[PDB]
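One structure is given below, encoded as structure tokens.
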Amino acid sequence: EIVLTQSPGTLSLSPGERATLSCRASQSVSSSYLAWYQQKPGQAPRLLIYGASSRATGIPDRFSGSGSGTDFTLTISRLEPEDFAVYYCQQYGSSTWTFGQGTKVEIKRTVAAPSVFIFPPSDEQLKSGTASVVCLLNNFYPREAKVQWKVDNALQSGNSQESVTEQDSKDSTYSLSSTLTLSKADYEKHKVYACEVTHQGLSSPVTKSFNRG
Amino acid sequence: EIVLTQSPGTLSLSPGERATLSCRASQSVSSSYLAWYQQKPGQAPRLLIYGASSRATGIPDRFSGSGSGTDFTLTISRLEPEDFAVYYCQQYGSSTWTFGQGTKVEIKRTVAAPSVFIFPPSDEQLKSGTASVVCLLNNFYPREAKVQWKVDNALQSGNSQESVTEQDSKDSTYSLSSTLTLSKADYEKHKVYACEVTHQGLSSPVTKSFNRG
Amino acid sequence: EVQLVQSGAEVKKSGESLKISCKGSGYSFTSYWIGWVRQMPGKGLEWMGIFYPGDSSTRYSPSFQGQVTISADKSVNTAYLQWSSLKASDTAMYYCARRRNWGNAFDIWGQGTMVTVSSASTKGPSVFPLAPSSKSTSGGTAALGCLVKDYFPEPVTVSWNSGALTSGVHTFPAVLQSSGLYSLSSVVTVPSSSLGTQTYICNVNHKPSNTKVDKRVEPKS
Amino acid sequence: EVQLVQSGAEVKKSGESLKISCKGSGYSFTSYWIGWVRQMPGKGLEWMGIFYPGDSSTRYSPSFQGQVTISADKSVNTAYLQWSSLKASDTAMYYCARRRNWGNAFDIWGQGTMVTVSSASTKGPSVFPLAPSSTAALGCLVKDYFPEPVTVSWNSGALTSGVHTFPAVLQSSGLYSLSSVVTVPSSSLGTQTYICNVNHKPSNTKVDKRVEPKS
Amino acid sequence: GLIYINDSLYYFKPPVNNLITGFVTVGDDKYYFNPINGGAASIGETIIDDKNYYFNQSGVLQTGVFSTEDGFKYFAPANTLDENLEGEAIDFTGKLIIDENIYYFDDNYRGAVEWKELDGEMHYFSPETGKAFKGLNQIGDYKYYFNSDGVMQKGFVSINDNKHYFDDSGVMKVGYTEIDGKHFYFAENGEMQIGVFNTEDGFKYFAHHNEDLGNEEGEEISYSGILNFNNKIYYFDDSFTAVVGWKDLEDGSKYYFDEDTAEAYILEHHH
């Protein structure tokens with residue numbers, strides 16, 4: 001059927017800059033059935049453009065829609081703070097509605113390196129048969145960060161989970177927490193617990209570690 | 001359009017004296033549309049005169065309004081303590097209500113020279129990566145004062161902020177604080193920190209300085 | 001104003017049945033087709049089906065054909081999405097959107113209904129401290145936080161009492177564990193000089209299990 | 001009496017939306033135009049717009065046309081000023097005044113609504129001493145707080161004479177800083193104790209720093 | 001004949017258990033007994049031999065403009081375009097009138113909604129039905145007047161023996177309006193008024209046409225002196241606006257003009 005492929009996937013630009021988002025269809029499509037939606041984080045989608053070029057009710061003039069056949073484009077002449085969100089293109093055909101995978105519009109800012117912090121499992125937590133080791137990457141930019149867990153110089157796999165904050169309202173940065181989960185048994189078995197952060201703001205991989213004492 | 005230019009910007013007179021405030025219009029204007037407002041410090045504006053000469057409800061007889069065409073005048077026959085404030089004139093307008101930039105009615109008093117004081121950054125503050133150097137100009141008059149920062153005889157620019165108090169209730173004087181803000185890095189880089197005050201009450205520019213000891 | 005208001009968040013066990021509503025107001029309900037869109041967590045939008053209030057005609061996405069049924073107003077002025085036996089794979093956000101009468105774009109959207117489907121049961125959270133390092137660069141800044149471990153269902157709310165501490169606080173999005181329970185961390189960067197002088201207490205609130213934890217984060221001795 | 005009572009002080013994050021009110025009493029609300037005047041920190045008065053409640057006609061200043069919208073009473077004799085996405089550049093005092101029905105002067109004014117708009121978050125102040133050297137002057141440096149205000153006092157009350165608490169200055173960091181100073185007799189240094197009491201209700205910070213001569 | 005088996009409608013002929021299926025005409029109205037769905041009468045929009053038809057809730061084939069999953073389709077009468085069959089959805093474009101109701105069919109062969117410019121005229125098709133708006137209508141925050149033909153009107157329009165004014169964009173204009181150097185006053189419903197009203201400039205007089213003077217109906221007149229209008233007394237100064245509060249005129253007379261309405265409430269004759 002009809003397949004909508006959007007590019008980039010992420011667009012990092014600064015406020016005031018011009019944004020150009022693409023939507024390519026798997027086959028030639030009617031301009032009448034092409035729409036663009038905006039979705040702020042944790043909010044519902046809202047219509048921006050219908051019929052490929054027509055602007056939905058109460059949609060600012062900076063939002064412009066164009067294209068025909070297979071290639072469609074959403075343009076934001078000047079990015080405002082509110083304009084940083086996800087954009088989905090949509091189409092109708094052969095009795096079904098199809099959506100694009102989205103394009104995030106992220107705030108470009110100067111590279112900022114993470115302040116790294118390691119936290120060992122609490123005594124209360126160790127009483128129960130589980131140990132959780134936490135590696136914190138405070139206010140960094142861009143989102144690209146590699147966090148590796150090393151337990152007595154051995155690289156850990158399939159025993160951690162990372163969680164990222166949304167881009168900060170003040171300094172346009174990200175924070176990340178990677179949690180290593182081990183059974184009290186396997187935790188007592190080793191001494192050196194280390195996380196190795198690899199960010200482009202850092203001259204070389206930064207390692208923040210501890211020993212049980 | 002209609003432009004209201006008030007003169008002077010500051011009227012320095014002593015209590016009991018007669019005050020005459022001017023309002024000149026960019027073009028001939030109706031007397032019906034001319035109003036005068038008073039704004040006491042930290043209070044809302046209040047109507048004094050409407051229709052160029054008519055006195056608003058509960059407005060003392062010392063307040064008198066006059067003029068026609070382009071030149072308008074607010075008169076205060078005898079200045080009371082309460083009468084020292086900002087005065088705005090207003091016009092209309094083709095809907096469009098225009099205001100004047102104001103006239104501050106300051107208390108005239110004898111020239112008084114500032115007592116100058118320099119303060120180095122505290123040890124507590126220096127522990128964190130920032131140094132704040134403070135230059136104090138205590139109880140001076142008139143408001144005209146030049147404060148220059150010199151770090152090892154080099155004149156500083158774009159790294160200080162001055163703050164003025166309102167005219168003192170007791171001695172009708174001003175106080176000023178100019179704060180030099182530097183990173184602990186740039187502060188350790190130099191020895192002699194000086195501020196050079198230039199007031200008309202002083203025999204020559206007064207310099208108060210320190211060295212890190 | 002034209003608006004579609006949806007029913008509250010749903011937490012149902014697997015295999016159970018559910019009917020979710022969408023109330024239209026500000027417009028002629030019978031004059032507009034109304035559709036259902038699924039947004040799997042952290043993924044995009046999937047069209048499920050549309051319904052016509054003033055014809056009762058329905059059309060489903062071949063991928064949702066049979067698995068769900070769409071219906072409407074039962075007098076005034078609500079649309080419905082229902083399942084006969086839910087799966088954990090049905091845990092997503094469900095939006096109902098009004099369709100324009102040229103050329104099929106969804107012009108008005110509902111706030112959404114979060115439908116969480118798991119075999120798990122309402123468990124409260126275990127709140128552990130993330131104690132400041134004794135190694136933390138003195139004069140400069142240190143980091144401390146809370147470990148809100150093993151809880152169900154979402155959400156938990158973290159503050160640093162009585163709010164007071166807001167600056168430099170980072171409450172992280174919850175991660176669902178393989179255990180079937182959710183977990184998150186709330187952290188805050190503070191000056192190293194404050195450790196010992198200032199008291200740091202995190203206030204974790206979980207209304208589903210009615211848990212109020214106020215854990216004190218102090219450096220370990 | 002004829003009076004316009006406005007809504008309380010607002011501290012908002014940039015991009016948010018705000019609706020500020022102005023309740024009229026003592027007069028016929030639908031017989032008078034009601035206007036909105038902006039006064040930026042340490043600046044003059046700027047007319048924004050007027051509204052006639054009896055007609056619902058509104059007219060704006062070309063400089064505020066589009067950026068804001070004026071509306072009124074749901075029966076309740078109330079005028080409204082609202083923004084859809086605030087800027088820090090909107091941090092100003094907002095006054096509503098009612099217009100005279102000859103010849104357009106604003107005869108009654110509201111107390112005002114302070115609208116503070118920043119990307120910043122509630123941070124408490126850092127207190128540093130401004131130590132004496134060799135009458136003498138000493139003070140306190142109330143640095144990096146948010147939002148306004150902080151209150152400074154000296155020996156709990158006691159010291160009032162010769163105290164100069166300065167107006168806060170907004171730093172490029174988004175946080176405010178100020179100093180409170182006092183001139184005292186040089187003979188008092190060592191005999192008398194000088195403690196400044198800094199209170200910041202928004203972050204609930206209460207500091208008492210002792211200013212003593214450096215050794 | 002036609003029989004109801006379980007809320008669904010069917011058709012049978014004399015032989016016995018002879019289900020019919022296909023297009024049948026039961027008197028005036030035509031049905032289609034779906035051979036796919038056990039001979040059940042088709043309701044709503046249904047495809048038969050690649051063609052689209054529409055049936056009401058009772059299974060009878062209908063003609064006209066109807067809401068579809070695609071949008072507003074035209075299930076045309078027979079031979080309306082390229083020898084079509086009765087109720088066949090046709091690939092139609094342009095204006096379409098069906099018993100007063102006016103529709104415009106966009107390039108996609110489907111009915112358009114909202115603002116469409118046709119020839120040099122503006123039309124507003126209902127987002128609910130696709131039908132052109134006629135007469136006074138609220139569209140967003142403003143009001144517009146449209147013809148009996150659905151053409152948007154500009155200038156002065158007489159609606160229910162009252163005058164309304166629609167600017168160069170068709171918007172209704174309320175309050176104190178400047179119309180090519182002349183001023184007029186419209187009520188908040190749009191109706192042009194005569195009398196003294198509260199203008200941004202103050203209280204102003206919008207007078208009836210006077211044979212002398214040469215003022216247009218309801219045009220703002222640069223009046224000065226006392227005005228006696230509709231059993232009310234006003235005094236206008238050189239501002240050509242009415243005065244409020246106490247006013248004494250050299251003619252002796254002392255007046256009090258109501259602060260809210262600018263009308264005389266008190267009149268003391270002096271010397």
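Each chain gets a letter, A, B and so on, in the order the sequences are listed, and its residues count up from 1. Note: hydrogens, waters and symmetry copies are ignored here, and every other heavy atom, side chains too, is used.
- Sitting at chains B and D is the drug bezlotoxumab.
- In the deposited model, most contacts to bezlotoxumab (chains B and D) involve the chain that the PDB entry calls Toxin B.
- Contact chains for bezlotoxumab (chains B and D) (heavy atom under 4.5 Å, other chains only): A, C, E.
- Across all chains of bezlotoxumab (chains B and D), the one with the most heavy-atom pairs under 4.5 Å with chain E turns out to be chain D.
- The deposit refers to chain A as bezlotoxumab light chain.
- Counting heavy atoms only and a cut-off of 4.5 Å, the epitope of bezlotoxumab (chains B and D) on chain E is formed by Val174(E), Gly175(E), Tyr176(E), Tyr185(E), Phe186(E), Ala187(E), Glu188(E), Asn198(E), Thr199(E), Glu200(E), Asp201(E), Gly202(E), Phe203(E), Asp237(E), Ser239(E), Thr241(E), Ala242(E), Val243(E), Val244(E), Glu259(E), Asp260(E).
- Using non-hydrogen atoms and a cut-off of 4.5 Å, the paratope of bezlotoxumab (chains B and D) toward chain E is given by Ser30(B), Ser32(B), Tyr33(B), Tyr92(B), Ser95(B), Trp97(B), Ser28(D), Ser31(D), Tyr32(D), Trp33(D), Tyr52(D), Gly54(D), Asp55(D), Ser56(D), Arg59(D), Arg99(D), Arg100(D), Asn101(D), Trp102(D), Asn104(D).
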